Amino acid sequence: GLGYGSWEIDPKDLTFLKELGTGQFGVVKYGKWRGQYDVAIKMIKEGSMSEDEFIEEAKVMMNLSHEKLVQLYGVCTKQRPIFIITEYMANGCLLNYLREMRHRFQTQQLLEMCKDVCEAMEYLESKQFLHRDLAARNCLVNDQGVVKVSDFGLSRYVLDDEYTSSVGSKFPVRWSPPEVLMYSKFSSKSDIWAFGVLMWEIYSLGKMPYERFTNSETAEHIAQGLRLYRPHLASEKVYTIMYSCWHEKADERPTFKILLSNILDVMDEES
Ligand SMILES: */C(C)=C\C(=O)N1CC[C@@H](n2c(=O)n(-c3ccc(Oc4ccccc4)cc3)c3c(N)ncnc32)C1
């Protein structure tokens, strides 16, 4: 309506239903838009984000649309805190979901979770859009058990204290390739590296990568050319896929298109 750009939601159209707790970079609620449509509403605390830059990027993020990407519906920026309005993912954080032993997951389910994320990332790669902080902690799960990628690109707008507070370190060392840790060289291939770590997290039912090491120790380990090793639930073929993401040379790592092909091949063999 009058006063709103295509990227802007009128917060008066929101009904708040449940508090979902403190999420990445803000408090999150479940509600409805215009009475009928489920949404999540992420409230961005004053001082936590480069807001004008974020708002400009939200216009681009609105046009990203894929079944395995948490949809950004719009933002509410005429008040503080600003709101991010998104697809609602009823079953919450992937890491919490993996860690609930009651689910008694089959490996076919764990592979499907990998495939969901791979499809989302193949889409982003096709749009030359880097995630920049891919990890199980920002994948969500819907009421149908579908995993979707969230918080894509958002780390670019987080000011230092909020990032540290929400992630638990200045930086996602455990999901970073050598060229990032050494030289800050981000690329599609740093997203590939992170994807392999995420596959490891899925097949390890939500263990912390390098679980006995500090971040400092992890960076040294990766510097020495050493790697995560095989989760017990991963077959040799699955381990080969995740391990391919960790080549010391970025140009020797696969693309998301190749990963998807590899994952489908294992699904067909392990059917
Ligand atoms: C677990 C992975 C995250 C977490 O901290 N949770 C507590 C609240 C609950 N939760 C959400 O955080 N989100 C969610 C994530 C991201 C956004 O914003 C956004 C999406 C896409 C691109 C950029 C920014 C909004 C909300 C939830 C959603 N969507 N539904 C259900 N619970 C959510 C998990």
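Numbering, chain A: per the PDB entry, residues 389-659 in sequence. Both backbone and side-chain heavy atoms feed into the values below; hydrogens, waters and symmetry mates do not. Both ligands and their constituent atoms are indexed starting at 1 by order of listing.
The drug name recorded for ligand 1 is tirabrutinib (bound form). The name UniProt gives to the main binding partner of tirabrutinib (bound form) in this structure is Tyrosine-protein kinase BTK. At 4.0 Å, heavy atom to atom, the residues around tirabrutinib (bound form) are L408, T410, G411, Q412, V416, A428, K430, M449, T474, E475, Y476, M477, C481, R525, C527, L528, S538, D539, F540.
Against a heavy-atom cut-off of under 4.0 Å, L408 is close to the following atoms of tirabrutinib (bound form): 7 (C), 8 (C), 31 (C), 32 (N). Those atoms of tirabrutinib (bound form) that come under 4.0 Å of a heavy atom in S538, given as number and element, are 15 (C), 16 (C), 20 (C), 21 (C).
The entry models a covalent bond from tirabrutinib (bound form) to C481 SG. Using a 4.0 Å cut-off to heavy atoms of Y476, the atoms of tirabrutinib (bound form) that qualify are 30 (N), 31 (C). Residues flagged by UniProt as binding dasatinib in chain A that sit under 4.0 Å from tirabrutinib (bound form) (heavy atoms): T474, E475, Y476, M477.
Heavy-atom distances to 1 Å put the closest UniProt active-site residue of chain A relative to tirabrutinib (bound form) at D521, 10 Å. An N or O contact shorter than 3.5 Å links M477 to tirabrutinib (bound form) by distance. For chain A, a heavy atom less than 4.0 Å from tirabrutinib (bound form) occurs in the following UniProt clofedanol-binding residues: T474, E475, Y476, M477. Under a 4.0 Å criterion applied to the non-hydrogen atoms of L528, tirabrutinib (bound form) contributes the atoms 1 (C), 2 (C), 13 (N), 14 (C), 15 (C), 27 (C), 28 (C), 29 (N). Every atom of tirabrutinib (bound form) is numbered from 1 in the order shown, and the set under 4.0 Å from a heavy atom of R525 is 1 (C), 2 (C). Residues of chain A near tirabrutinib (bound form) cluster mainly in the UniProt domain Protein kinase. For tirabrutinib (bound form), the atoms lying closer than 4.0 Å to a non-hydrogen atom of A428 are 28 (C), 29 (N), 30 (N). In this PDB entry, the source organism listed for chain A is Homo sapiens. Counting atoms of tirabrutinib (bound form) from 1 in the listed order, those under 4.0 Å from a heavy atom of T410 are 5 (O), 7 (C).
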